[PDB]
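Bound state: Phosphatidylinositol 4,5-bisphosphate 3-kinase catalytic subunit alpha isoform + taselisib.
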Amino acid sequence: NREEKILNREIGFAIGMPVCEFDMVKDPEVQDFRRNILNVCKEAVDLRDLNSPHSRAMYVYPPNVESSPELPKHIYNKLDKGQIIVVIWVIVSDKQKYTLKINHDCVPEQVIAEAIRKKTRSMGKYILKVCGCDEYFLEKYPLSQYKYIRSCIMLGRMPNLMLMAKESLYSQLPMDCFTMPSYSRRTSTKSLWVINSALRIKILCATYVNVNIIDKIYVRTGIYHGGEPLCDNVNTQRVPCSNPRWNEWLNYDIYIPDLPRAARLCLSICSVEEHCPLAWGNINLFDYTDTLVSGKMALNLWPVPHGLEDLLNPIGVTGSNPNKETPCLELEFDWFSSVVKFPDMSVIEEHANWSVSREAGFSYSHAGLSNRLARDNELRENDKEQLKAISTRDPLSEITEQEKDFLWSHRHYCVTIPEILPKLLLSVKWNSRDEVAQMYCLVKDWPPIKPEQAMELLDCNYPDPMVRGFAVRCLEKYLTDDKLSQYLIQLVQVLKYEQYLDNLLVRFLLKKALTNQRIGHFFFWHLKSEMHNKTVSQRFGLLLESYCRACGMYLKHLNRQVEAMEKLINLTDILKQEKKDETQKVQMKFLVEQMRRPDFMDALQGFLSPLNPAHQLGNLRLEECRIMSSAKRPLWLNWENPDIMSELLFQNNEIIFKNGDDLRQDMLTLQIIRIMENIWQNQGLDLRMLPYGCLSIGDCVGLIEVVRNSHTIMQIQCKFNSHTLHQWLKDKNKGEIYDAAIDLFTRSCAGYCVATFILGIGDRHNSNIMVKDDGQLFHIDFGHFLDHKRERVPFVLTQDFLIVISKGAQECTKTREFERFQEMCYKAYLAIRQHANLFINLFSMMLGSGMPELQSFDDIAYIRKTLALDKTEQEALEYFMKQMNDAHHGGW
Ligand SMILES: Cc1nc(-c2cn3c(n2)-c2ccc(-c4cnn(C(C)(C)C(N)=O)c4)cc2OCC3)n(C(C)C)n1
């Protein structure tokens with residue numbers, strides 16, 4: 001009706017394209033997704049009104065909590081006999097302060113009781129809010145499990161909480177009525193396993209093949225399961241590019257009933273002997289309804305990515321190019337007088353049971369015919385140790401063919417060491433329906449593994465839907481909202497590897513986004529930021545449509561953020577194309593004049609920070625905004641924090657808006673830094689890092705959190721001697737606090753030395769290392785990582801840094817300060833090595849992004865080198881010291 005049309009305009013504005021463009025899409029998969037996904041929308045809305053208004057408040061303001069209440073011993077020992085000092089504020093008439101000393105693990109209702117006790121000594125109706133931002137303690141966790149409280153304990157800051165009446169929070173949460181949209185109102189058939197025929201596909205002709213007359217041309221093809229070929233590639237005959245017509249049947253060395261569910265056809269047009277791909281494309285051999293492709297098809301192809309010289313691109317995206325003014329290959333598939341469907345699960349289970357029972361009857365001599373057969377008995381405990389050994393290798397370690405036969409033959413024992421599942425899966429003969437059906441039944445009852453281990457099974461090495469479904473069930477059962485937020489970037493990226501629009505992973509992620517608004521906010525922005533990338537914009541736009549339809553009132557707040565970012569994009573675009581040669585003064589006059597237009601001024605003020613939607617951005621402070629000197633001329637922007645107690649957190653929100661460089665690699669490096677820092681703290685290795693906020697919001701457009709009161713090394717030594725840095729630090733921390741500043745500088749140095757060495761970050765210089773007044777050192781600008789150059793040391797500690805560490809001693813390399821510094825590095829390095837699978841998998845999950853430094857598994861191999869995974873641990877230490885000793889010309 002009329003209200004649906006208004007909502008469609010809002011959704012269209014949020015996602016950057018009109019909803020009517022989805023309505024015109026003819027593809028049945030697209031219209032079925034739009035309709036069928038709505039039961040996730042409904043399920044989520046019903047969880048939110050399950051216990052109103054509390055359930056609604058928990059959705060908008062979910063508890064920001066660590067994944068477990070247990071405190072590292074070094075954190076706990078910062079308390080006074082396990083007790084914490086907190087300040088509770090009450091708004092009365094005027095702000096009244098009440099200081100409490102309570103056990104670190106009282107729940108909020110207890111803290112509120114003690115605050116009222118103290119207040120009445122001055123002679124379930126309240127909640128606690130963090131002073132200065134929109135963060136609440138709505139749930140009965142231990143106080144120290146809230147990240148704000150945990151952070152205060154570690155940083156030695158005083159927690160400041162505000163008492164607030166429940167009803168004054170509930171009052172401001174609009175009830176949203178979710179309405180089902182108008183589109184919600186909507187020869188035989190033979191099993192694949194009965195088709196007794198080999199696979200054959202006809203290449204007819206190519207259109208839109210416009211080239212520089214490049215001469216002889218051919219179509220290369222292959223059948224793939226993930227990246228694994230299921231048979232040899234098959235080429236057409238060569239023809240000249242002026243007449244690209246083949247009409248050639250290609251015969252594949254594979255039996256049709258042996259085609260696995262995720263089988264794909266990968267092809268390309270190649271030039272010729274120097275061969276070179278000109279355009280590529282992949283298609284699912286089964287569609288989303290389990291039907292084998294049939295009839296004729298036109299496939300619009302994709303351009304070759306600069307860097308790839310392979311002739312096929314099977315880890316490239318699957319499906320037709322939306323740009324129809326592109327090389328278009330016409331295909332024809334085999335005809336069978338019948339629709340052919342992948343067999344249902346009951347048929348697969350029957351076949352697996354038949355196979356298992358047959359193999360259990362195999363004689364000794366029969367089992368000897370194949371190393372993939374082993375008799376139940378034979379299993380010795382040395383084979384058991386070898387299985388356990390294999391299960392501890394990292395995801396990029398080669399599994400030899402003999403190892404694969406060995407794993408497959410002992411698949412049933414593997415159930416007792418369930419983390420071996422990823423290696424067992426890469427040992428399956430995916431072109432054998434006998435083996436695959438058995439693997440299906442093993443997966444359906446496989447024991448659960450850790451979410452960090454399950455995430456590997458969603459990357460591009462694991463296309464099978466039963467495998468990915470098991471991975472999703474593991475996340476559903478074990479992944480906390482805290483870790484889902486931590487790994488959300490990767491989980492969004494692996495949506496791109498799903499064969500179909502509707503799948504278990506997207507239903508899981510959408511439901512979490514629609515029941516936790518902190519997850520939903522970044523879900524929205526990660527998807528929105530890629531709506532320019534045409535390999536994913538249909539999938540992501542449809543997903544965003546379904547998010548926007550059910551997220552409730554937050555859609556209106558997102559639209560405030562989208563409009564503000566759009567205005568900043570438009571202004572910076574003008575500056576870089578129409579005024580780029582004018583002086584700063586002139587550009588600044590132009591900028592202030594444009595931001596003072598009333599439509600602009602209103603769009604740029606009074607909205608939530610996309611970096612952290614708990615932070616309200618109030619009125620701009622134009623006198624504090626400025627065009628920075630760095631490359632691409634980013635904007636330094638300053639907003640008032642309108643929170644009634646802003647002075648207790650920060651009174652101004654400073655954000656850098658950068659239009660022109662890709663920020664996705666910085667995003668990923670800052671995420672990894674945070675994970676490393678988390679690993680170190682849990683082990684009681686207190687190395688303070690600074691993973692400041694960074695969010696890509698578009699095509700080379702994004703936001704960066706400003707660390708207030710920090711300076712580059714260069715700013716410092718321009719006010720110079722190699723003692724200037726230490727001298728600056730000592731003057732900032734005179735008295736009894738000098739030692740704490742040296743210690744914080746030493747630990748922060750050790751963390752960044754180790755982190756940047758492991759990741760192969762871009763070379764450090766005195767303009768991309770910064771220091772806070774209190775001694776905390778950190779790095780900025782991570783536009784390069786991994787093997788972008790034989791392993792570099794990006795952070796070489798020059799004399800200035802050693803002088804600080806050694807408290808001003810001339811011979812700083814030969815002090816016990818330096819020795820304890822080295823020990824921190826060694827402990828930090830070995831700690832990350834123990835978690836190498838995590839970091840390898842997090843990188844592998846990002847392979848399908850457009851990030852140029854992260855294109856193949858061999859880019860990730862760099863991490864295998866810096867962590868020395870093929871060495872022993874003591875050999876790994878020795879390797880790290882030599883890299884350090886080489887880079888510094890002595891010391892280590
Ligand atoms: C890819 C990338 N990343 C960054 C980046 C990332 N950060 C900062 N810049 C950043 C920059 C300045 C400041 C700052 C704070 N106070 N001051 C004042 C006191 C003005 C100073 N020293 O004169 C500067 C703080 C910062 O926070 C760290 C996060 N840049 C930039 C090159 C655009 N480019």
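Numbers for residues simply follow the sequence, beginning at 1. Heavy atoms only: backbone and side chains are in, while hydrogens, waters and symmetry mates are out. One-based numbering, in listed order, for ligands and for the atoms of each. This deposition comes from X-ray crystallography, 2.0 Å.
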Practice task
Define the binding site of taselisib at 4.0 Å using heavy atoms, by chain and number.
Solution key: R626, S630, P634, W636, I656, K658, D666, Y692, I704, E705, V706, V707, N709, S710, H711, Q715, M770, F778, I780, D781
Handout entry: Atoms in taselisib flagged as close to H711, the criterion being non-hydrogen separation under 4.0 Å
Key = 19 (C), 21 (C), 22 (N)
Exercise for the section: Please identify which atoms of taselisib are closer than 4.0 Å to at least one heavy atom of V706. Expected result: 15 (C), 25 (C), 27 (O)
Handout entry: Closest approach of any protein heavy atom to atom 8 (C) of taselisib, naming residue and atom
Key = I656 CD1, 4.0 Å
Practice task
Pull out every atom of taselisib sitting under 4.0 Å from any heavy atom of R626, numbered as shown with elements.
Solution key: 20 (C)
Problem - Atoms in taselisib with a heavy atom of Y692 nearer than 4.0 Å - result: 6 (C), 29 (C)
Practice task
Taking only heavy atoms of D666 into account, list the atoms of taselisib that are under 4.0 Å away from them.
Solution key: 1 (C)
Problem - Within-cut-off N or O pair, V707 and taselisib, under 3.5 Å - result: yes
Exercise for the section: Name the closest protein heavy atom to atom 33 (C) of taselisib, giving the residue it belongs to and the distance to 0.1 Å. Expected result: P634 CG, 3.8 Å
Handout entry: Under 4.0 Å to a heavy atom of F778 - the qualifying atoms of taselisib, by number
Key = 28 (C)
Problem - Proximal atoms of taselisib relative to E705 (non-hydrogen, under 4.0 Å) - result: 27 (O), 29 (C)
Practice task
Measure the distance from atom 23 (O) of taselisib to every protein heavy atom, then report the residue, atom name and distance (to 0.1 Å) of the closest one.
Solution key: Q715 NE2, 3.5 Å
Practice task
Starting from atom 12 (C) of taselisib, find the nearest protein heavy-atom neighbour and note its residue, name and distance.
Solution key: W636 CZ3, 3.8 Å
Handout entry: Nearest-contact summary for atom 30 (N) of taselisib - protein heavy atom, Å
Key = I704 CD1, 4.4 Å
Handout entry: Closest protein heavy atom to atom 16 (N) of taselisib, given as residue, atom name and distance to 0.1 Å
Key = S710 O, 3.4 Å
Problem - Heteroatom distance test (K658, taselisib): nitrogen or oxygen, under 3.5 angstrom - result: no
Practice task
Identify, for atom 32 (C) of taselisib, the protein heavy atom at the shortest distance, and state residue, atom and that distance.
Solution key: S630 OG, 3.5 Å
Exercise for the section: Provide the UniProt domain of chain A home to most residues in contact with taselisib. Expected result: PI3K/PI4K catalytic
